[PDB]
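Pictured: Penicillin binding protein 5, co-complexed with benzylpenicillin (bound form).
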Amino acid sequence: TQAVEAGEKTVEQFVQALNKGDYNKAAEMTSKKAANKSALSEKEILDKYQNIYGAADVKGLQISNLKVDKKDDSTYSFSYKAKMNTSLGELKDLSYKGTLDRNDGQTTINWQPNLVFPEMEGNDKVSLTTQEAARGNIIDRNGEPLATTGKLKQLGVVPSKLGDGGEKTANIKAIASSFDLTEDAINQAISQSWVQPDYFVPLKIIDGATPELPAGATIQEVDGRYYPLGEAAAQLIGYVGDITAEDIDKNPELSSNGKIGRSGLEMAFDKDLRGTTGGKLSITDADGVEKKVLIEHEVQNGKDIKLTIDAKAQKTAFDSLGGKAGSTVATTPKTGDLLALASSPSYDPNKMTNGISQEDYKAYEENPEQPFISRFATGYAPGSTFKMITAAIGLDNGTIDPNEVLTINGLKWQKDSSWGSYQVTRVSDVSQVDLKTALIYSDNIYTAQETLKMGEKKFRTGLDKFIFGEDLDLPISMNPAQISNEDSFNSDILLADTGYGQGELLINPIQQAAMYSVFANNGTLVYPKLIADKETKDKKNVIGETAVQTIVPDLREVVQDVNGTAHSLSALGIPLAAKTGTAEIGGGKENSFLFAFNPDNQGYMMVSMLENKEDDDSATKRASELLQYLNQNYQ
Ligand SMILES: *C(=O)[C@@H](NC(=O)Cc1ccccc1)[C@@H]1N[C@@H](C(=O)O)C(C)(C)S1
């Protein structure tokens, strides 16, 4: 019995070394090479495990139901069930039998080929055949392709069919002038270390018609991942990259020949899109005749993913940002369908996944506007659009009278002298300011005074009814929106600034569209949704129907009134309720904002923004095109 326990220890240390990929330490625990002991020596065991387990990408060896007894004086029989993960799936229910050995004062394992796999004997071999799974597509709400695998015209040059000297450079000048390429890059590709005189050295991919081919140029059709909208959805969709040996170590069920998602939805939906590798893991005769099959199943291609994104709206929302820093979110506010999640500036996902130069990748990573950032998922201070939330809270708790008219003189104000020199500032000097006037001219002092009158406790009671701190059920990495840094402002100055959306507030464009959906659902909050088939989740009684019926008419005037901050949108001639905003970010860096939706049918809602805006630039100047599209197609 005392020796049976030391034997149970060696069986667990043997399977642990196998589980850790240390096939050598497990080899040093076997017996000496003999007839009834170990069939092979140490270096031969290390190679047989490294060859076989390495070929099948065996990982995560775990055992259960250990039964260790005693046969005679020095040999202890031991058995157990075991399971492991391979590149073809999970090998479960493995009956491992064997004998131990307890000569001297320690216990070794009488190694046998049946310890690699159960039914192995002698010089049996292991075979593995695999068939790659085609990656599934990503499609918009109407079936248009967003991420697909298809045929690509790959332009490349062969050094021999190019020339000997003078004619070689003339063809390089022709290929660099016929496909919009660099003359220093064609000679930099044909002079790498892997190049041979007769090798097809690839260059770029022609995304259109193929011009005349100079001497040395040739087109080889190959299959790869393609993104139709390209950079217009690069942050959302993402890109796939070549699977490395480290990926296979983490998840053996990947296809080391295939691609893996590196960012965006391509990474978030990698398991659903990549499918399952098919094939057969068999044991063969000493000559190669198939003996016993361990795993086998057909290749199952990846499943498609249908998004709520509108492909035509996604391209228009992105193009309207003119390559400047910003982002736009468009929703159907009654259901939450995310029609567009544009972010600018962007990167080329096709060039990123079809072979990207090391120089271009550095430009993408050092660009100060940071193209890789998903700005629709980045938290910002909302600015003056947040006055709709503050006003609705004051209407709900009976602090705001819509017809009550505050008297504000000048462009600066402070509660009392204890504020030192900080003063709430407004842009328009209007003496008589009610709720309708304050929303039209975007008056901070009205918002600040009415926030302080309301107080912090009544303010947060209305704020807590929203989604501050919640994690949205979305396949997008994102931090939850926050009211402030702590659970209490502990400052009337910070309380006032939060009133008009310039405190420690952090709300990303997607969360803003979720919070502002109350004005399209009679005060019900409708959570945003990215997968088309998913159910519509809502949140009743966030603000009162009284406040919605009061603010939305005023938001119509933010567009229609001659002095409204969004009056340029009245040129569209469409029903619009909107609210602009310009957030100060502490030189003076400003973020332009625009909220807008159709108050007649609630068919669409839009939240656009510019980050670190240039002068006389705004989200309002760029919304005319996207608003015209959403008005015609989403009613
Ligand atoms: C809301 O964002 C308000 N802006 C401020 O309180 C700070 C500010 C920023 C830039 C210039 C002046 C003041 C108001 N809303 C914006 C807007 O709706 O675009 C205004 C420029 C009207 S100030």
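Numbers here simply count residues along the sequence, with the first being 1. Hydrogens, waters and symmetry mates are skipped; everything else that's a heavy atom, side chains included, is used. For ligands, and for the atoms within them, numbers begin at 1 and follow the listed sequence.
- This entry records a covalent bond between benzylpenicillin (bound form) and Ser384 OG.
- The residues of other chains having a heavy atom under 4.0 Å from benzylpenicillin (bound form) are listed as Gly383, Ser384, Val427, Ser442, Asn444, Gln502, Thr565, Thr580, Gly581, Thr582, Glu584, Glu590.
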